[PDB]
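Featured here: a structure holding estradiol.
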Amino acid sequence: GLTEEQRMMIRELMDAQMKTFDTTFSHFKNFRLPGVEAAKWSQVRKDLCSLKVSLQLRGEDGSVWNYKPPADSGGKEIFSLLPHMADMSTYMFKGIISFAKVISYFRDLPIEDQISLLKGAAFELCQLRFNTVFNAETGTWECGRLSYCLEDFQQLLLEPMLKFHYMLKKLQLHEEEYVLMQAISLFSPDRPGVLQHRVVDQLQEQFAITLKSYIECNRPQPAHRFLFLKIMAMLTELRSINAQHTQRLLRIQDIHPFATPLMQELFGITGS
Ligand SMILES: C[C@]12CC[C@@H]3c4ccc(O)cc4CC[C@H]3[C@@H]1CC[C@@H]2O
Ligand SMILES: ClC1=C(Cl)[C@]2(Cl)[C@@H]3C[C@@H](Cl)[C@@H](Cl)[C@@H]3[C@@]1(Cl)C2(Cl)Cl
């Protein structure tokens, strides 16, 4: 029940996803691993312990390395996973940038708006891709040979990022619905610095109409009533999480620098 333009739109998004999402993380390599003002620190300590994961690395030979993080003992040990997480997020950001550049509607925007949209949406598209490898039964992001497992229930769901991942996963979305969510987030007309507000706003409305129509054509079941509105509400929540997490990053960076060059670009840090 989709128009020709709508089916072409979904095809181009699925094509871009297929070419730029390394779903087995086969090409994520050479990453760092953990080794073998007072009111600012209190806040940064609160920021960093809201996400506690162990790390597992499965070797191509069948060997397994497992890392269990330290407890907070009021010292620098809270930063032990930051270099690794910077490398993983940088890796994800490159895939996201490649995704945008493959899409015709994005290529056709002026380069300054391309940049402003990527700065605005890179984190959100990263989270959307990570949700597709999240295992909600085991609390683990399964990234090929790497796994990130939440450390020991309804308590962890208090953290908005974690509640987001569990709630989005339980909607049991199709690949097409995920990539349309990525498009709607990418083409957000109200990101800081956007000039072609009207063009971006019209593109976003078309991706949202395509998603609403896709759901109406392919999901008649009572469990999926209001699915389109649930997704849109999740995208609003993701924007709030984006703003919250950007402020945590800048606080951590202020007292303990760790952002990679690509992270600095996307998040406004100039090097001075
Ligand atoms: C997720 C946190 C805020 C967002 C931070 C971030 C945000 C963006 C990014 O590219 C990398 C990282 C690594 C550290 C993350 C933090 C670790 C704990 C904190 O909640
Ligand atoms: Cl998404 C995101 C990724 Cl990707 C990183 Cl590198 C990390 C990897 C897995 Cl554990 C997800 Cl939950 C986290 C965060 Cl919030 C961070 Cl910590 Cl940004």
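What you see of chain A is 142-177, 195-310, 315-434, where the numbers are those given in the PDB entry. Ligands are counted one by one from 1 in listed order, and the atoms in each one are counted from 1 as well. Method on record in the header is X-ray crystallography, 2.2 Å.
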Enumerate the ligands or chains belonging to estradiol, duplicates included.
-> ligand 1
List the chief contact partner of estradiol (ligand 1) in this entry, with the name from the PDB entry.
-> Nuclear receptor subfamily 1 group I member 2
Find the residues of chain A UniProt lists as binding hyperforin whose heavy atoms come closer than 4.0 Å to estradiol (ligand 1).
-> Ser247, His407
In terms of atom number and element, which parts of estradiol (ligand 1) are under 4.0 angstrom from non-hydrogen atoms of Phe251?
-> 10 (O)
Which UniProt domain of chain A lines most of the contact region for estradiol (ligand 1)?
-> NR LBD
Under a 4.0 Å heavy-atom limit, does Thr408 contact estradiol (ligand 1) with its side chain, its backbone, both, or neither?
-> neither
For chain A, which organism does the PDB list?
-> Homo sapiens
For atom 11 (C) of estradiol (ligand 1), state which one of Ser247, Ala280, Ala244 supplies the nearest heavy atom.
-> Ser247
What do we get for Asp205 next to estradiol (ligand 1) when only non-hydrogen atoms under 4.0 Å count, side chain, backbone, both or neither?
-> backbone
Those atoms of estradiol (ligand 1) less than 4.0 Å from some heavy atom in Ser208 | 20 (O)
Taking only heavy atoms of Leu411, which atoms of estradiol (ligand 1) are found under 4.0 Å from at least one of them?
-> 7 (C), 8 (C), 9 (C)
Enumerate the atoms of estradiol (ligand 1) whose separation from the nearest heavy atom of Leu240 is less than 4.0 angstrom.
-> 14 (C)
Define the binding site of estradiol (ligand 1) at 4.0 Å using heavy atoms, by chain and number.
-> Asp205, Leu206, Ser208, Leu240, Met243, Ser247, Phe251, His407, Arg410, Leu411, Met425, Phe429
